[PDB]
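One structure below.
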Amino acid sequence: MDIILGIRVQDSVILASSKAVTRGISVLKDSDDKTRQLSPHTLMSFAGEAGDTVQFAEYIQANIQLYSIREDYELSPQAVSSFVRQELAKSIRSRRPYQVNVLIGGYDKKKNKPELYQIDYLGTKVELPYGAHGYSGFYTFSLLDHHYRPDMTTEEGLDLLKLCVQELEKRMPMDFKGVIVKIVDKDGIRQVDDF
Amino acid sequence: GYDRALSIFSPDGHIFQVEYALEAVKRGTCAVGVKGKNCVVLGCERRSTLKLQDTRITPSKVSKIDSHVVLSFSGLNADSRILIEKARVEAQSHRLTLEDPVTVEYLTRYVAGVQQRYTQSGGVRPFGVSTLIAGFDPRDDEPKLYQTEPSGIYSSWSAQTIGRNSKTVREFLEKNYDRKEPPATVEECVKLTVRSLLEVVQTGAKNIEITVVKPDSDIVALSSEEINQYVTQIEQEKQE
Amino acid sequence: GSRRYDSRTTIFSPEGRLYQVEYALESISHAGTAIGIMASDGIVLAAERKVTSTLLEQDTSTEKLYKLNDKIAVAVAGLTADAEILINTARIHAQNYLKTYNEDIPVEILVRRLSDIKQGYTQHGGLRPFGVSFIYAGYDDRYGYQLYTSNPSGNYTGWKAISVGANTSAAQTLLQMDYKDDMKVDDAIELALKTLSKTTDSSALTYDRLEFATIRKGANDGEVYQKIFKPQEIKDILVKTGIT
Amino acid sequence: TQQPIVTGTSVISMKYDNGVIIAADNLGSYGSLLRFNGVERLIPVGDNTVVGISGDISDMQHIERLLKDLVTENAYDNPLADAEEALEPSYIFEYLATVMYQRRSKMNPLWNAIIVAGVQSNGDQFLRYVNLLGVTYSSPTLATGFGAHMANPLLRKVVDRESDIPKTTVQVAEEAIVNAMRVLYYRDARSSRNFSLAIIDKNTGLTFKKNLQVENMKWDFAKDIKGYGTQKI
Amino acid sequence: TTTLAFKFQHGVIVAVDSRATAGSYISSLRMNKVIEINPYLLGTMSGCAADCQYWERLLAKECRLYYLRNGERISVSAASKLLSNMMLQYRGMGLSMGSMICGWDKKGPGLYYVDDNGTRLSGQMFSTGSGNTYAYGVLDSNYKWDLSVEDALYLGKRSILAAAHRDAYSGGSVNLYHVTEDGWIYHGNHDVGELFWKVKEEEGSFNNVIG
Amino acid sequence: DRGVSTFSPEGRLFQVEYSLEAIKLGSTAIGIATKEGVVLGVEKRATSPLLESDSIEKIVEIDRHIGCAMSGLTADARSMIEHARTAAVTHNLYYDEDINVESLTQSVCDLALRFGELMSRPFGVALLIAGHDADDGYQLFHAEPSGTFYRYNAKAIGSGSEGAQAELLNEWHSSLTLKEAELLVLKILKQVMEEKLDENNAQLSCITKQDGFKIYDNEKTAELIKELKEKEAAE
Amino acid sequence: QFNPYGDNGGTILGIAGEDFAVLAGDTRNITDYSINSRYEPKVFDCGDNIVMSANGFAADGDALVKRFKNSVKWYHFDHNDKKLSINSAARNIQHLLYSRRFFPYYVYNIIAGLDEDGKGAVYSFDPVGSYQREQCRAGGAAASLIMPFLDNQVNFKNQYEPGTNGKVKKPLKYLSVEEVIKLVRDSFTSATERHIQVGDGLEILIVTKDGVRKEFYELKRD
Amino acid sequence: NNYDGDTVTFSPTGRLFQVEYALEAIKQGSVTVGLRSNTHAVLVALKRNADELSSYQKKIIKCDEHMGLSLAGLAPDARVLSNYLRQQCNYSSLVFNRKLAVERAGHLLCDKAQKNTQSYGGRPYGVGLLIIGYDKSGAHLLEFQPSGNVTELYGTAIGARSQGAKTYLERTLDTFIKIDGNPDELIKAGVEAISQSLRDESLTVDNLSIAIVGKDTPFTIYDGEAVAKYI
Ligand SMILES: *[C@@](C)(CO)[C@](*)(O)[C@H](CC(C)C)NC(=O)[C@H](Cc1ccccc1)NC(=O)[C@H](CC(C)C)NC(=O)[C@H](CCc1ccccc1)NC(=O)CN1CCOCC1
Ligand SMILES: [Mg+2]
């Protein structure tokens, strides 16, 4: 999987991720969900080498779920993102590094703030209002730089996201088969079924 | 490494270390498990020798292993943490490798297997802990209640109690619990669990903990006032 | 072979008790009394040094109160050398947690970790347990101010007020009598010292025979300050509360 | 993985009616340099076996020590060490063959080609080959390196198949071996005139001949050869 | 090779070819590319024959042990995941395996694609091997959920035929399977040479080919 | 104290002999082998009426052609069963065939004496391993913690063993049918059991070539108990 | 750089009859353009009425055969002298080959014998352990020369019944042991003519319920 | 007494009591007889049953085509030691293409048993073995004790009441050694020897176990109706 976007608006974080999975010269699937719920108010999308992505995501998911049960408490998006970064920074000097880039969208219930973290496979973490991995940013960041405000509503965020996807669909050579969009806010995680 | 065989057979065919581990369980605070028609309730004794306690932060007696399974115990508190941790790890390991949450029977079988391993491994002593494991299997509305003990044997129970004065509350449950018609509602199930603990507890104040587990990961712990209302109603009916 | 000389430190008695844990607790009961009292606006840690000398350098001395991090401290009762082994482990665990999650370790998580280490020495390895009982005084943003205790068995519990070491029976009765929920730090300071003054085996309670510490939100705005009292400061608070 | 440094060239051998013959020159080459002229590459094991080795000389000396130790070890707690439970050619070979294959399987071979020639308890002739890869084969005639290309054709004219063995005498077989060694001296750039020859007969036992020389060589016709085509003087 | 599998109203169809190649040389005219793991579980094979046979036969051991421990058949989802986890141990060591785990369990019919990278995908239709592109063409244009067992068996059979014809490394014969809730059902070995001529005449397809 | 692998002056391993005493305290298990199949039956012995008896699993499937009953410290049997199941399936992986009942039993018994100062003590449980293969037909083995295994035509282990074994001595003959064997296990179990035998506190099972290993339903066993009562009242 | 592999040439052929089986192979051993031996046995009697030949790299072939022979020995020890069936031997060999998935036995292996119903059986293995039961199979250097001939003359491929013109196939009538040996000899004689690594001699091992019999035939030595 | 708690302890008179107690386990075991001529070597073993429903415990184990043993004592220990012999016989064949000499097989068993008598934690083997074989120096019979002592003999017997059979063989020494090229007569002498150790019970069809190895005879075991000929 190649394409993953993220945008943090006033009261939520929105993650958009492509649906395509390719094998050799054939597209095997056009409805693949490149995301895992780490906790009720934390969602992680991912992109990178085949196999490694899901493994890493599920491994992180298992660790956060274990923590949640042990402490009867949900870790902050910041705490989760730091754990994820360390695992990747640990990984890059391994015999075989996991080649996975992630976006972590979460709503901090303590601070009542949405938070978006971008982490690449090297363990390079940055908190952003909007982010992307791979070539996605090359096409979309100019639009986001122009249109983005921090006081945007969730509906305005989705409209700006549609504009980003339209630009990708126009100028990218690859057909990524559209995106699955998910929203993370105070009430938890939900999927936008029509996009 | 320290390899000494601590759990060994005696001339009369007994493993004393395993039997002395049961004596530690006998010393522990009373724990009780009762399953109704659509729920399971876990009751636990809190000894009132310890006041000035901070009840917010003090380790609670009932522990969630997953969102749909709970574990209570009687015996050594420190030993119980090791079993709970292992169980919690195995629960996530099962979800990760098989893509289904553990069944209550499987989780019990794992915890029982850990206890057994510590009865024939060198350098280690048995866990001084007996557990009550309860919950509902994924996409199933049949209640599950299991018991384990230091030897590593486990079995399913309609209702069971462990710990100090468990002999008395088991006596109560055996005459009060009908298999043909179990506690139909949550109220009836909690009432029967509180009644059973009132045979042993002393005061019905902060000495009784109740945790109700319903199907589909619906687990809640009752508060002091909610339990106190059951304590009030039971004795008012008793004055007759 | 070697079996002949093995004491077997990790076995049950016929009554279902751990011999070495019980005997370690017997050792701790002769150690200097340490008291912890939790208030709404802070925590107090008071402790009695054991029969000191006039030639002991007190201002550079530390046998009872130790700092685990900026938010958490411990009072010790038992073998000091054993406690320092555990204290350094606890300090490392707090830093590991901070490095991993970029947040200060919650008090209970640190307590559980140390208590699990103590537990391990009672179940495997064939080594003697640590002859130490801790009182943990700490703060985090989840539960606020917290008091815990751990003993050689590896069992830990939370408290509003608690004592360890010598004369805990007498001390716990006195605390249970005068403690109230709406209590404040300055009142708790007074209660801690009054309790030690009555339970002490010494003729009188003086500044040179005490270690004292507070954890206060009495730090400029929303943050927490640890105060390890100096000898002169302990002398002043003894006069203030009217003990000397 | 290595490369051979000091090397030994062809080892040649053949069966005859009552036993086997084996031969090898006394040279230890260092690339194109004919460095060591007094090297023995035929190593007897008891009075019934001779191991001829080509390839890396340091690895040869290692094998030589393994065999020396093998004899020592067989004598341990063995009253019949010089009789029924003495070392057989087939035992010695299979041991080496096991070692050679194990070493190649660890990617650290003994850079050699070995021919074990001997006579068994029951009088049967033994002649088998093994190399750095652990590859083994048996034939009425065996030769390593250049011997495989030049000596075998000559020796196979004497013993072309199994039925020719009883018809071949020791005088004929030795004559063929000695001629083959002369041909190798003419044509192999890493060969020497001096060589050793060993005969293992089921009747007369082990005969080990040292300090042999290639003789009866033809060189006279060289005087008539002038230039490379058109030159007359 | 060419393999395919798809879910439909009456379970799942599984069709494979039988050719095996060692370069341009056809080493085998009839290789079994389906493994029978249990009466309700099948596994297709594409890539290295040895890898496909070993790891899927090792899956069957592990799926069998599941039944003994739990007294219950393993799900298709869990079986596919065990296999993907095996592939993940020999990550980058050079294994070549592409398989579809087809079966019926409590959730109904199940179909999972698994390969050497560790990829594990759920889906209604899959096709693997050198001839998958040809098979997808026929499948995508003719597939429906409302297919009859007779028509569905034909579709999978016809799809392999399309690939066997065009792809040089696909052919030999067609092996058909139909998975129901009572288990899988073998629907025979069909020589492509004979099947081709038959389909040509009856269907009217392959007009460009002379016969 | 003393070594775990110590010999007594009589030439027996103390620990092995003591584990045999633990097995005598266990609930009764009986096995009978016939030419129509092997029958395995056990006493459940619930410690309380609130204990759901159907959760008491003292008869266990190792493979489709091999079953197993246990007596003694039943918790110790779990790792033995796990090993047996692994051995049975692993052999099927390596050799594409069913494993011989004797070979399976031998594999289980190889664990027995792997104790010292490996596990810290012998197993405190005996096993009746019953099965069928093509070479030796229907078989019944008794696997002890000594590492020894005997084949039996019929065998009883547990607390009522010597009383049951004497009864099996008289009753067994080479022409027993499966139905006759079923009733015979029920009869002897009912004789040695403390509580009154019924479908809830006793369990039957069998292994046949056709249908393989099967644990009997409580409804099926109940009918065999009723059939037993009537035939005993018949004379 | 050290190359742990080599090519010793050779060609093998296994054919399954109705109640018999043959495993044939030439006796020539080679490296590059040299002949090592004109008679080096390549097909072995492994016991329990099974014959094997591991063609390709001789050192790996000898090692594998040696290990399987050993596997048969221990199968008797461990399972009460039970006879190792041909299907069980095949699966055992798969696991022997895959133990070196990452440093393979560079050999093409064939075994022959009788199944548990008494019918003829041949199994074929790739170097990394993929096996399959077959009726007919040639392996090694001249495998591509021989197999098409066996498709035509054993399974009657592309052969139809005269008069019908492609409508009716030639019926698949069973072959006798004498008929099979003729096809084997003609296969190797033809292969010897056009392949330089094939020649010297041909050794055939025939397996029936009565046991294992050998037959040897000369081949051209050029 | 105070010096029998483990194998690592000498008594004041220089005795190893744990080894002596292991030796006692052999005396409790059922009788087995070994004897040989110059061409063949024979094992005869009285098998023991638990009861009438039980089978008769097997006593003879094959190690190679040319070697095998009979046991008396702890059967699992015989399985461990016979497995070791199987491997050693097999190592000799695979590496050296050489059948393992019976004398050397005895030396290997001796050294394996010895290590268990000098180290703490372990225990001595609780079984006695009679190894027969035919190698390059003809027929052989060995007696193995778990003390480590291995002895080459013409004939012997171990187990309960083994003294009766041993005396018989000591009388018959000059006769049975000469039984060359006659396997049936050598077995007869063995069956007659083991009969001197019987009381109350006699040799039945499922009671008797016989094994033989020789010049042109692979190690083969006879049980059931195959030994009815010799009853
Ligand atoms: C279609 C037909 C092609 O994609 C299918 O995918 C089939 C499916 C399998 C189940 C049959 N795929 C193959 O047949 C597969 C193609 C392939 C091979 C390798 C990697 C990826 C795909 N073919 C094989 O696995 C063949 C099958 C044999 C005939 C049973 N095997 C080989 O090619 C082997 C293994 C590779 C190898 C191992 C060790 C050393 C060298 C190569 N190769 C050979 O046997 C080559 N052999 C070398 C010696 O001289 C003779 C040829
Ligand atoms: Mg980045």
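So you know, we letter chains A, B, ... as the sequences are listed, proteins then strands, and number each from 1. Only a selected region of the deposited structure appears here, and contacts were counted within that region alone. Quick note: numbers below take in every heavy atom, side chains included, and nothing from hydrogens, waters or symmetry partners. Read the numbers this way: they start at 1 and go in the same order the structure lists the ligands and their atoms.
Found at ligand 1 is the drug carfilzomib (bound form).
Per UniProt, the macromolecule in most contact with carfilzomib (bound form) is Proteasome subunit beta type-8. Other chains with a heavy-atom distance under 4.0 Å to carfilzomib (bound form) are given as E, G. The contact residues of carfilzomib (bound form), taking heavy atoms under 4.0 Å, are given as E:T1, E:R19, E:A20, E:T21, E:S27, E:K33, E:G47, E:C48, E:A49, E:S96, E:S130, E:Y169, G:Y106, G:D126, G:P127, G:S130. On a heavy-atom basis, rounded to 1 Å, the UniProt active-site residue of chain E that sits closest to carfilzomib (bound form) is E:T1, 1 Å. Short version: covalent link, carfilzomib (bound form) to E:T1 OG1.
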